[PDB]
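Bound complex of 3C-like proteinase nsp5 and PF-00835231 (bound form).
Chain naming here is simple, since letters A, B, ... match the order of the sequence lines and numbering starts at 1 in each. Reckoned from all heavy atoms, side chains included, excluding hydrogens, waters and symmetry mates. Just so you know, ligand 1 is whichever comes first in the structure, and atom 1 is the first atom listed for that ligand.
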Amino acid sequence: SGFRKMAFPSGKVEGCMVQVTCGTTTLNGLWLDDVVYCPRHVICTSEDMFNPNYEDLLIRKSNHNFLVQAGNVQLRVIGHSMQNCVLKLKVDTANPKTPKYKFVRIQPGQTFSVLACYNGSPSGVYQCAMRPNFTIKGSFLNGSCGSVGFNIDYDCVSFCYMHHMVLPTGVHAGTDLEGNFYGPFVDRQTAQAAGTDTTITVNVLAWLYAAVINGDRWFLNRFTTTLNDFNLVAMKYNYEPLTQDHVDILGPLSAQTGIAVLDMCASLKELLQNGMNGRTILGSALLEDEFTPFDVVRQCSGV
Amino acid sequence: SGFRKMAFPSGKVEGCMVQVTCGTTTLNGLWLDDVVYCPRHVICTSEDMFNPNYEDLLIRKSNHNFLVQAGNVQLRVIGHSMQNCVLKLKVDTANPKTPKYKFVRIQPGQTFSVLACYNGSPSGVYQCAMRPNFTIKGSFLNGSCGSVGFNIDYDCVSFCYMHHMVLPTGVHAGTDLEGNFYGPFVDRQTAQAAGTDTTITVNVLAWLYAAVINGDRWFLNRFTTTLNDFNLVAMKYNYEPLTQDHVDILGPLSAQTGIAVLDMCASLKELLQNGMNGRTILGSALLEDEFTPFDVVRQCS
Ligand SMILES: *[C@@](O)(CO)[C@H](C[C@@H]1CCNC1=O)NC(=O)[C@H](CC(C)C)NC(=O)c1cc2c(OC)cccc2[nH]1
Ligand SMILES: *[C@@](O)(CO)[C@H](C[C@@H]1CCNC1=O)NC(=O)[C@H](CC(C)C)NC(=O)c1cc2c(OC)cccc2[nH]1
Ligand SMILES: [Cl-]
């Protein structure tokens, strides 16, 4: 009963967050086994940040140049390497609270939980989606760098995002835990624009099924559409094309509600062409696209 | 800003969640020091649930009828009592993960994080607002009662909600950690209707202050009002009347922007009587009422 933007419980990640300081720069790090992972621009200065030759700046640093603090305990750095935009600080102590984990690179349209952290301390947790243009619409303030995004499957934490940047438009950019940015961004102190964003169509459809499962059907109609005719209209409105894989992934929700996927597409088509007028869906005046089919299934199955 | 619903990190509460079973009835409990708190209806059999006599059901129970488990590890129950709609089970082990905590009863409009749990295992965390009609718009499946709502201040967890009921309309109802329901509801297997809901005025005002902090201030007018005058008008638009506490918790935002609370109230009054006239505030044509003055500062600071 009910439907809400839900994040995974953050405890397993809270126990990995530490504070990393180099010179006058302080941000968050992720302590897994005997390594602390953080954004490499912590080794920058105020001047370096506009065009940093990271390899050149890193060689000039010593292990003792890195102050790592887990609570009221200082961790001794005994090694340091760089993997793309991620600094890897070897410490003399394995984190005793390390969970079962892996590093994964998430795909656009997929969701993850963000643990926002400042000075190594967790501050809040919320759910985000990888936008088609590889930005995320996060909530990050000064000092949030090194905050991580993750999913949980059973006891396994899959880390997928580390936070680096805010764009002039207010959306955010970061890397996976191998230090590769999502999108065309670069960890230099410059104003960067993203590619034109699109709406995550399969997620909007999942969310419409959620609204039906929660007893709201005002947007349904008797009509049906072909996949291609739907995609022509969606593309006109800057919606991502719906693939057959997307159609299949929506199977369960379609079965649960007995509304054919292409039947829901006809409803979305009508919503795009006419608008919602004054009405709302699941409390929103806008078409929500940051719930995946799985998000909806986990909250609405058997409901 | 980028105003999202943001929950508190849930780890301190995860370490307190257990499952409690009586017969085949299982739900969640909260293990703090050597006490486990849980909804008293765990002692009901499927059939008792329509109009239980809890005092009578409970006199027929002994400590050894209660199965409390942290994961798969049983915690022996050595004492039991009922306090309103909550059962308190004394166990022989003090929870080593017990945080600093208090039990607080919140006012309508206040927000809190809900850690949804099933069979003692946390599954998700999200932010809720206590509606003026004492419901919350949660996301709760079978097996969710005993899940708790909380705030975190410094290192201290303030527990404010324990889940008990879903209403016919799909909203949710529950108690504080002393077992006292929010609103007129009771822990019975019966359809219970919530009063008509109203908009949380104090939070709308917080949201307007947030808009002003962000340079979005077209709606400010050069008027002020009395609190009485505003309340009388607000009620005609199904808005909650403001209290002195509401005026007080808006103080920091009023000082930050230099706009007196009653001046902001006159601006809201004009929006109510005239509408948005096809404009948006913070990007939305809807006025948001689920961010408290604290949430605003917190997300902006
Ligand atoms: C990290 O905390 C830095 O350690 C920080 C996160 C942002 C601060 C405000 N909100 C955030 O998400 N990241 C930065 O400050 C990065 C640092 C780079 C990678 C060296 N830079 C930016 O986010 C950045 C720079 C510029 C800019 O130039 C100058 C112009 C416009 C936007 C912009 N963002
Ligand atoms: C707890 O998990 C029970 O342990 C459960 C929470 C709901 C399950 C689905 N979503 C929830 O939020 N609570 C209940 O089942 C309670 C049990 C009472 C306290 C004995 N009852 C209800 O939620 C309930 C019963 C009825 C009803 O009857 C008749 C008619 C309409 C609504 C309704 N809700
Ligand atoms: Cl039910």
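In the structure shown, the parts corresponding to PF-00835231 (bound form) are ligands 1 and 2. Other chains with a heavy-atom distance under 4.0 Å to PF-00835231 (bound form, ligand 1) are given as A. Atoms of PF-00835231 (bound form, ligand 1) found under 4.0 Å from any heavy atom of A:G143, numbered from 1 in the order shown, are 2 (O).
Interface of A:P168 with PF-00835231 (bound form, ligand 1), defined as ligand atoms under 4.0 Å from a residue heavy atom, comprises 31 (C). Residue contacts with PF-00835231 (bound form, ligand 1): A:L167 is placed with no nitrogen or oxygen under 3.5 Å of a nitrogen or oxygen of the ligand (distance criterion only).
Of all atoms in PF-00835231 (bound form, ligand 1), numbered sequentially from 1 with element shown, those under 4.0 Å from a heavy atom of A:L27 are 4 (O). Of all atoms in PF-00835231 (bound form, ligand 1), listed by their number and element, those nearer than 4.0 Å to a heavy atom of A:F140 are 10 (N), 12 (O). Near A:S144, meaning under 4.0 Å from any of its heavy atoms, are these atoms of PF-00835231 (bound form, ligand 1): 2 (O), 6 (C), 12 (O). Looking at PF-00835231 (bound form, ligand 1), you won't find any N or O of A:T25 less than 3.5 Å from one of its N or O atoms.
The side chain of A:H41, and not its backbone, has at least one atom closer than 4.0 Å to an atom of PF-00835231 (bound form, ligand 1) (non-hydrogen atoms only; side chain from C-beta on). For PF-00835231 (bound form, ligand 1), the polar-atom distance check against A:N142 finds no nitrogen or oxygen pair separated by under 3.5 Å.
Relative to atom 2 (O) of PF-00835231 (bound form, ligand 1), the option among A:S147, A:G174, A:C145 with the closest non-hydrogen atom is A:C145. Chain A: most residues in contact with PF-00835231 (bound form, ligand 1) are in UniProt domain Peptidase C30.
Taking any N or O of A:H163, backbone or side chain, at least one lies under 3.5 Å from an N or O belonging to PF-00835231 (bound form, ligand 1). Ligand-side atoms of PF-00835231 (bound form, ligand 1) in range of A:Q189: 16 (C), 17 (C), 18 (C), 20 (C), 21 (N), 25 (C), 28 (O), 29 (C), range being under 4.0 angstrom from any heavy atom.
The PDB entry lists the organism for chain A as Severe acute respiratory syndrome coronavirus 2. Which of A:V186, A:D48, A:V166, A:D187 comes nearest to atom 32 (C) of PF-00835231 (bound form, ligand 1) through a heavy atom is settled by distance: it is A:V166. The atoms of PF-00835231 (bound form, ligand 1) that sit less than 4.0 Å from any heavy atom of A:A191 are 27 (C), 28 (O), 30 (C), 31 (C).
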